[PDB]
Amino acid sequence: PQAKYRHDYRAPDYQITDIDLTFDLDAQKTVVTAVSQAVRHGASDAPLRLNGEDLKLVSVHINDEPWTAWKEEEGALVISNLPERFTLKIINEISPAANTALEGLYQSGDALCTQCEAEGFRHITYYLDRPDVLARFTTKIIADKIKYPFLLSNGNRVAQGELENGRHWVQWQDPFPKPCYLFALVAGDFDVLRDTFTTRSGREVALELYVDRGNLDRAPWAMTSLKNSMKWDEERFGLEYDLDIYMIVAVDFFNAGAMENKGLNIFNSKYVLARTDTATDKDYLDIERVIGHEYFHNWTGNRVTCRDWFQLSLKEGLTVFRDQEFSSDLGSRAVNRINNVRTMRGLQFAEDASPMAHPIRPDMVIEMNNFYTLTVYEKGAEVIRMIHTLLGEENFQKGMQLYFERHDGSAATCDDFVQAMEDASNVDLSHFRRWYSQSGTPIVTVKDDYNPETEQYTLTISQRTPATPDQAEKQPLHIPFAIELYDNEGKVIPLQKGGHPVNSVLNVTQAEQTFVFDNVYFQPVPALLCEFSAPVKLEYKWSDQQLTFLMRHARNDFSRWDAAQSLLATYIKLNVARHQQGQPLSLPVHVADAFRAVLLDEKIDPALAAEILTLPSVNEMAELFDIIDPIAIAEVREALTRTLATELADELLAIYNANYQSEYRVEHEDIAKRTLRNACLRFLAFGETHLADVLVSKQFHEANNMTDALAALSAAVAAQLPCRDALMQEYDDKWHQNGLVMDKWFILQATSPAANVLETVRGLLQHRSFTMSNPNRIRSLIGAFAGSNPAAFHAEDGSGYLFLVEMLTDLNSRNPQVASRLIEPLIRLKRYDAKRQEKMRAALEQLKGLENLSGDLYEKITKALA
Ligand SMILES: CC(C)C[C@H](NC(=O)[C@@H](O)[C@H](N)Cc1ccccc1)C(=O)O
Ligand code: NA
Ligand code: NA
Ligand code: NA
Ligand code: NA
Ligand code: NA
Ligand SMILES: [Zn+2]
């Protein structure tokens, strides 16, 4: 399989302006007829090269003439000797029922549905399957009326008929030109929740959610969130929906979470269905997120699309930034920012050090599905956020307005988006463009000095980005670096220099620079890189007392949480070294005290309290070390939890009882209290065992909602409490017919600290609720084991590696995209010790030898073995 390179982009030799599709639908054998109006832009001898994969070609006509001047090659139909404008007609056959990879047209339970992003439409018919080719689609669907009473495609329903033999048909027309990745089709039998939203200028939009029969009672939250998304995008970005109908269909078999197909989003049912006894606060808020996100693509991705797939972040980074703003405006911004920072530092940084490292705009791709990444998404968004930080909201919105004004109806690049922001704002972003083209995490080192003679504070800030596997050359970035200076009472000290105020977002543009501040009337405690103002690693020599001070006094809630993380980091590192020498945990008392103080601050927002009392995950802890010892990290996290539980026992139980809530509400104050209560529970679970067991079984049995019940179950598993087995059995007894709810149970099993966890995981491949044919199940058991039980996955005997190789040997042929998600923990081998490396290298070499090795895995494996 061949790499493609961004620098090789060229305008296509042919365009298609309109396509009329006919599906004669059948699970075994669907016949597709595609009539496309085309225009040659290139030279008369440049043939039309159409992409196609696993298609059975039946005929080819040009202006109704059977065409003889063509040939099929690997992945393509190449057609010669064409006129400048012509109608192309292709008839071909495909087989949805055989599509296990879930790309193109496939079967989800009894339904048929599509997934076309990125290059899945070529699995449906021969086409210019590239997103710079935009066309007006009309879609006629013909099918068995009893099996497929609902037949859906993009746009408006314009025609319909009955036929003999129990068949019917419907035709759809989508008036907005689109790249084919935005094509969708769905056929099946559903319950439909119907509502409307009226836009600020008065357009009434029919809203339709299609769910499996019986699930209508789990749909209203998603409907509500769609309405909230549409409203917010009007209030914040001034953007209105542009069609008269908005459809979402929830399907159980889907590789990703959701898809923004124009006017017909297709969603993994995981991010639609909720009821208070099946879904947690977190599920409610994820559903909010994803509904929002796909909706926001309607403009940032659909009305303006991507010129080529290397520009993916233009839509994903920007649309992530939007879904974060949405969540943040509606919920707690601090909690949003916090969790988003956890993800950047604990997962994205890891990827940006891995063999798969890439800039947010990749320069080289073998399999484009491997680039739907933390980097393109999460770091993409941080890059957009830095633009926001440099421009301020008002110029940023001007920038958005120019972007649309210029590019509505077309396919754009990252550089276009940057240029619009620069032209509207008058802020120069030529240096800043470097963030699109350079991989890896910059490291920013800060040194300070206070001069009591001059009342000056001097910061010397330096930056470097270490080389990455993909890039030997690195250069300085334009880093927005926000600071605040605190005096000894915790008040902010005005930043100024030579009589004049100074913006507190510093422009760190060089390898090294000095900034001098005047009238600093006391030696300051600095808050640095406030709000995570740039996606960088900060190197500064805090004292513990600076950090506890910031925990008490910092103006932004983010800086308080962040300071607590810097406090813990030190002692996490200490205790990992200790663990490797067989020593128990050591923690100075004033650390426990900072946490006690948080527990008892009556004025702190319980949302914030709760995040501070949520210890860094093992993945966040991993990023503190050059070489990861996953066992020591895990055991230290446990011991820290044990220590704090013991030291803060009375306080924890007090706060636990005080945040009791009789009523269950999906409301931000209630969620916050409850998130704090269950954080308290989690520590208590690791205290005195009799009390722990009582508390946890009691919460599980008395919970009136899944959030409280799952937090108990999860604590029973984590702390291996006596009630554990009985509670897990009850959950299975009650919930086994429900895959989505079971996924929770599988994750708990897979991430158990128990000694025989691997053995249990293997057994669960045969569980009544598991199947290898559903990505959700695969991800919830196997993926959670490899990615989220690093202590077991990295067992010194290598049994974790072998187990994954077995699973990937199946998935490489069944569903390579899920395979490629799942291989990721293996391609991190260079972060681990030599002996684990040798075993992971051997596993990868075994996979490299598979017959019919997929491209998706080949790309990752060769990079990892290089
Ligand atoms: C909240 C979102 C970040 C959820 C996310 N979905 C998306 O980004 C959709 O906008 C994507 N356009 C769907 C997608 C994902 C992977 C490969 C091809 C297509 C997902 O993981 O499904
Ligand atoms: Na076109
Ligand atoms: Na899009
Ligand atoms: Na808010
Ligand atoms: Na100093
Ligand atoms: Na920190
Ligand atoms: Zn997206």
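Sequence positions, counted from 1, serve as the residue numbers for this chain. For the numbers below, each heavy atom of this structure counts, side chains included, while hydrogens, waters and symmetry mates do not. Per deposition record, X-ray crystallography, 2.3 Å. Order of listing sets the numbers, starting from 1, for every ligand and every atom in it.
- In this structure, the drug modeled at ligand 1 is Bestatin.
- The chain in largest contact with Bestatin bears the name, in the PDB entry, of Aminopeptidase N.
- Near Bestatin, within 4.0 Å on a heavy-atom basis, the structure shows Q115, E117, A256, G257, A258, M259, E260, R289, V290, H293, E294, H297, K315, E316, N369, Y372, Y377.
- With hydrogens left out, the protein atom closest to atom 8 (O) of Bestatin is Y377 OH, 2.5 Å, a heavy atom.
- For chain A, the PDB entry reports the organism Escherichia coli (strain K12).
- Here is the list of Bestatin atoms found below 4.0 Å of a heavy atom in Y372: 15 (C), 16 (C), 17 (C), 18 (C), 19 (C).
- Counting only non-hydrogen atoms, the residues of chain A annotated by UniProt as substrate-binding that lie closer than 4.0 Å to Bestatin amount to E117, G257, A258, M259, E260.
- In terms of protein heavy-atom proximity, atom 13 (C) of Bestatin is nearest to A258 O, 3.1 Å.
- UniProt's Zn(2+)-binding annotation for chain A and the heavy-atom shell under 4.0 Å around Bestatin share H293, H297, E316.
- Besides Bestatin, ligands or ions with an atom closer than 4.0 Å to that drug are found; these are ligand 7 (zinc ion).
- Among the UniProt active-site residues of chain A, the one closest to Bestatin by heavy-atom distance, rounded to 1 Å, is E294, 3 Å.
- Heavy-atom contacts of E316 reach the following atoms of Bestatin: 8 (O), 10 (O), 11 (C), 12 (N) (cutoff under 4.0 Å).
- At least one N or O atom of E117, backbone or side chain, sits closer than 3.5 Å to an N or O atom of Bestatin.
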